[PDB]
Protein chains: 2
Amino acid sequence: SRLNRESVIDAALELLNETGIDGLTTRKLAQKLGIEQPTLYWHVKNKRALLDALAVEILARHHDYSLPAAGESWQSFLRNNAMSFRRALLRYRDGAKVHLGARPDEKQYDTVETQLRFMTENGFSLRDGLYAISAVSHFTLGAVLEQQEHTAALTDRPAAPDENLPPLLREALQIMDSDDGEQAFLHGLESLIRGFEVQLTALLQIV
Amino acid sequence: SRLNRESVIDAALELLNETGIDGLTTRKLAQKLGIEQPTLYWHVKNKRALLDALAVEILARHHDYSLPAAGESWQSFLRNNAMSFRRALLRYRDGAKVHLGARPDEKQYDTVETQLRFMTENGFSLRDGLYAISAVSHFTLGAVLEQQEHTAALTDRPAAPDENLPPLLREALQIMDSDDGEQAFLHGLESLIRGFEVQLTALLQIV
Ligand SMILES: C[C@H]1c2cccc(O)c2C(=O)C2=C(O)[C@]3(O)C(=O)C(C(N)=O)=C(O)[C@@H](N(C)C)[C@@H]3[C@@H](O)[C@@H]21
Ligand SMILES: C[C@H]1c2cccc(O)c2C(=O)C2=C(O)[C@]3(O)C(=O)C(C(N)=O)=C(O)[C@@H](N(C)C)[C@@H]3[C@@H](O)[C@@H]21
Ligand SMILES: [Cl-]
Ligand SMILES: [Cl-]
Ligand SMILES: [Cl-]
Ligand SMILES: [Cl-]
Ligand SMILES: [Mg+2]
Ligand SMILES: [Mg+2]
């Protein structure tokens, strides 16, 4: 079939949903596209190049809140940003593992530079704005990785028997399993953002 | 060599450091131990059982702050807990990916039940105490996963050229690369803990 960059990415993303990241291979990608392995190699040199490409394109296609609204508060920005990033990550199987494989690509430079600029324009030092940005990013990635890898694990083997589960754990597992960890995520996100505002407002005060 | 549970885990942990999680296989484990594949199978049925086992034993051996001190504040507990968990995760290559592969094992039930009990005894509902616990866990796992997967990626291929890197990103990457993300982690951790205290103290007040 067609092997322009866009069509190769569509095919790889389709495969990632069928196989997960551990089982995606350039060999299965060639089979999906109806081509021989040496033909694919011209286009895609190895799995790492593919995964670097997917990490960028997933956000390009599906992460719609990279940039703040005109007049948006930094608190509202981090909230809308984190929600949009979580969604984009959860859209593909093993999405958070796909993202973690790289730091900002050249194609993202403009976007992430503006993010950093925006924090600094709202009273943060670059260092403190970068710590806020990183905290949000990592909190969100860990939350999504736990969701996703819980699915992976379950398809091999069932959860343990609650013959043995003590009461609060039973109840807690039932709690993290009533939605797809959204409540836990949104509650933790507000905690994080307030934590940051307390720090920013304190200036040089012992706090 | 010896194939009691303990010696099998020592050998697998040694292999994980040599190969990383993606490349650890029951075949290379058999070679390390000097045994045939069918002999290993008696002891270790597949990679998933092995990885579930490693996730538990890494914390059993190297995570020394699972439980609060007598009279410790919940704020001090979450801080010491998170620091000890980060260290235990960073001790082995791809440690955070090893952990994420499962939820609490039966062998951990007693520990994690006590953690949940402790929050509830310090003014949190089980739901809010579980959200604090989860937020900390996920923040810490994301921070460690990013560190570790940055190493994995670099061994394939170099970071991009700063011919193109805009100024704040250059400076930010230089910032997340001056220690092993410890400063960013400790700063975000204090933000998270304060965020939680603001929430707990507010009770029913609009906040
Ligand atoms: C500033 C970026 C950065 C700086 C230094 C080291 C890094 O590894 C990064 C990133 O990887 C970032 C992301 O991945 C973003 O998710 C990122 O790339 C992204 C985006 N493309 O819109 C975001 O929305 C960001 N968001 C907070 C989750 C976040 C970035 O802000 C950073
Ligand atoms: C309460 C546990 C839990 C509840 C519901 C769903 C879960 O997936 C979990 C865990 O996985 C926990 C951990 O992994 C701990 O890291 C966990 O197992 C652990 C430990 N063994 O000492 C910790 O120190 C915990 N810490 C906050 C990082 C954390 C646990 O509190 C939870
Ligand atoms: Cl075609
Ligand atoms: Cl073509
Ligand atoms: Cl021996
Ligand atoms: Cl033996
Ligand atoms: Mg990133
Ligand atoms: Mg866990």
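In what follows, chains carry the letters A, B, and so on, assigned in the order in which the sequence lines appear, proteins first and then strands, with residues in each chain numbered from 1. Just so you know, ligand 1 is whichever comes first in the structure, and atom 1 is the first atom listed for that ligand. The way this entry was determined, per its header, is X-ray crystallography, 1.9 Å.
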Undergrad: Quick check: main partner chain of ligand 1, as named in UniProt?
TA: Tetracycline repressor protein class D
Undergrad: Out of interest, what does the PDB call the drug at ligand 1?
TA: doxycycline
Undergrad: Other chains with a heavy atom closer than 4.0 Å to doxycycline (ligand 1): which ones?
TA: A, B
Undergrad: Would you call B:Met176 a doxycycline (ligand 1) contact, heavy-atom distance under 4.0 Å?
TA: no
Undergrad: Measure A:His63 to doxycycline (ligand 1) on non-hydrogen atoms and call it side chain, backbone, both or neither using the 4.0 Å cut-off.
TA: side chain
Undergrad: Would you mind finding which of A:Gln115, B:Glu146, A:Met119 brings a heavy atom closest to atom 30 (C) of doxycycline (ligand 1)?
TA: A:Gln115
Undergrad: Any nitrogen or oxygen of A:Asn81, main chain or side chain, under 3.5 Å from a nitrogen or oxygen of doxycycline (ligand 1)?
TA: yes
Undergrad: Does some non-hydrogen atom of B:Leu173 fall short of 4.0 Å from doxycycline (ligand 1)?
TA: yes
Undergrad: Judged on heavy-atom distance to atom 8 (O) of doxycycline (ligand 1), which of A:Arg103, A:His138, B:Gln174 sits nearest?
TA: A:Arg103
Undergrad: Closer than 4.0 angstrom: is that true for some heavy atom of A:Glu113 and an atom of doxycycline (ligand 1)?
TA: no
Undergrad: From the options A:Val112, A:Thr114, B:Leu169, A:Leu89, select the one whose nearest heavy atom is closest to atom 4 (C) of doxycycline (ligand 1).
TA: B:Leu169
Undergrad: On a heavy-atom basis, I'd like to know which of A:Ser137, A:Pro104, B:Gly181 is closest to atom 9 (C) of doxycycline (ligand 1).
TA: A:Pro104
Undergrad: Could you identify the single nearest non-hydrogen protein atom to atom 21 (N) of doxycycline (ligand 1) and state the distance to 0.1 Å?
TA: A:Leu59 CD1, 3.7 Å
